[PDB]
Amino acid sequence: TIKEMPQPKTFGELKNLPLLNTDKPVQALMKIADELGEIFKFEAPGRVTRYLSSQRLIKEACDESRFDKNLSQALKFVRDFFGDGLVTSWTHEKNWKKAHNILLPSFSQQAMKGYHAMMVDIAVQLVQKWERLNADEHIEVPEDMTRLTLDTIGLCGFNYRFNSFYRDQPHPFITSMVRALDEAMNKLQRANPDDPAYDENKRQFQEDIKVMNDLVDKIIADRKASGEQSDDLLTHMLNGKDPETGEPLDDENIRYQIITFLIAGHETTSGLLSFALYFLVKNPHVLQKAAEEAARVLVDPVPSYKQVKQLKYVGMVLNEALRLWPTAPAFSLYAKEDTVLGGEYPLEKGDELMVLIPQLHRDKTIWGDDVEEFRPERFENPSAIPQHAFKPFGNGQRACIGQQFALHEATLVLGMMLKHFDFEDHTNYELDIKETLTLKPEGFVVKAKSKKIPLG
Ligand code: HEM
Ligand SMILES: Clc1ccccc1C(c1ccccc1)(c1ccccc1)n1ccnc1
């Protein structure tokens, strides 16, 4: 029977908006979902979203005959930067399907086998950094994972070396992007955007845009000028033709894809590796099991592609980390036509739904009562997981194109970490989840005692 949709508390003309006046809006939305259940309406001035949290409703929203990928408010905002790249394009935009067809071969098994050696290059730099620490020095986990994941996408994707392990501070490209996005957001909150007090902000913004454009120019120019032509993501961007049309990407779209992939390729994976290490050091029985697997499988000085595929329990650790804290914590959908969701909630054409992935992943009707515990064995039998219960990589044709890249990199790196070191949660770290568009365990630190096993 038709039901009235719960809605949290309203503040006059501001509606629900100031419930998100917090540095942890996703964690706030989870608490609302705890109070109101599987679906709730959330209104801001001029905007309406419905937040879904149950597998039963999310399964229906994932029916692509009824619902398509929506560009949420955050996606429409970052579209100013990522244009009609794969992430920030509508499914019905010609450049989506075209780039999808051209770039999908960059994530084939053959391509993955080709990325493996370059992933090992960066993973070795990570291990060697930690091997080289003096006594009593600790590791800043998310910081080092970010160094790794940035360098991995740069190298595997574009043959560009960020050399993040040679720097104290983040690469200027990252700093520029962060500061440009922060400025663009601050702009929207300024009562008087033409106040001369903001002149320096505007000048800084142009400089930051130029840092980003200079890197994209260099990545393209160095490839075109090189004697080596390689076979990577950039190769397909520059040369690949859409089989449906015979056309290659145009120059403008290529530039959007490059920055799209540089950003997509690193920060969500960095958080995954950080959360996985967090859970491991908090669950010493799981850590021992994972470490036993790493020692038994990784019998050569550097892992091979096939050995990474054999790290089954490491893979389950990573899925269980993505269950609890999926590092892209939502994706957005809209109703293609008028329709009724769950036989209970009528929707008009165009209505937006937000999939609240952390809350999906805590649906007790699917996972049982222990949803807050870290138990990788939940994934021991993959056929037992109902479809649409586990969605850290989105849905359908708009699912993450890089999912296998991310997981292969993370499995490789976590395996090598577990082979080469014993880890200590020397501060008894208290989980504090810092939110941007992603999630990270802020201030997570550990010590790594080397097992003195040499690399190749
Ligand atoms: C743990 C790591 C990752 C997570 C959690 C993640 C998550 C997601 C999710 C949820 C989407 C769907 C977005 C939406 O529906 O609006 C998505 C799309 C995408 N991801 Fe990822 N991602 C990860 C890693 C990567 C990596 C390593 C790359 C690139 C090498 C990548 C590139 C993309 C692209 C290009 C899309 C857009 C696909 C399309 O619609 O054509 N992601 N990702
Ligand atoms: Cl937001 C964004 C912009 C450009 C590329 C990728 C992504 C996205 C993401 C999410 C959180 C923090 C940084 C990037 C993302 C966009 C929309 C919905 C989910 C994730 N992403 C990273 C990996 N795959 C997709």
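Going by the PDB entry, the residues shown for chain A are 1-456, listed in order. Indexing begins at 1, ligand by ligand and atom by atom, following the structure's order. Heavy atoms only: backbone and side chains are in, while hydrogens, waters and symmetry mates are out.
Of the chains in this structure, the chief binding partner of ligand 2 is, as the PDB entry puts it, Bifunctional cytochrome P450/NADPH--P450 reductase. Drug at ligand 2 (options: clotrimazole, perindoprilat, ampicillin, halofuginone, resiquimod): clotrimazole. For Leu75, every heavy-atom contact with clotrimazole shorter than 4.0 Å involves the side chain, none the backbone. Within the listing of clotrimazole, atoms 5 (C) sit less than 4.0 angstrom from a heavy atom of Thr260. Protein heavy atom closest to atom 25 (C) of clotrimazole, with residue, atom name and distance, is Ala264 CB, 4.5 Å. By heavy-atom distance, the residue among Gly394, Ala330, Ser72 lying nearest atom 18 (C) of clotrimazole is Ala330.
Contacts between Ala328 and clotrimazole, counted as non-hydrogen atom pairs separated by less than 4.0 Å, involve the side chain only.
Taking a distance limit of 4.0 Å, we find that atom 8 (C) of clotrimazole is approached by no protein heavy atom. With non-hydrogen distances under 4.0 Å, the site around clotrimazole consists of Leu75, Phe82, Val87, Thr260, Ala264, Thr268, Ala328, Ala330, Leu437, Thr438.
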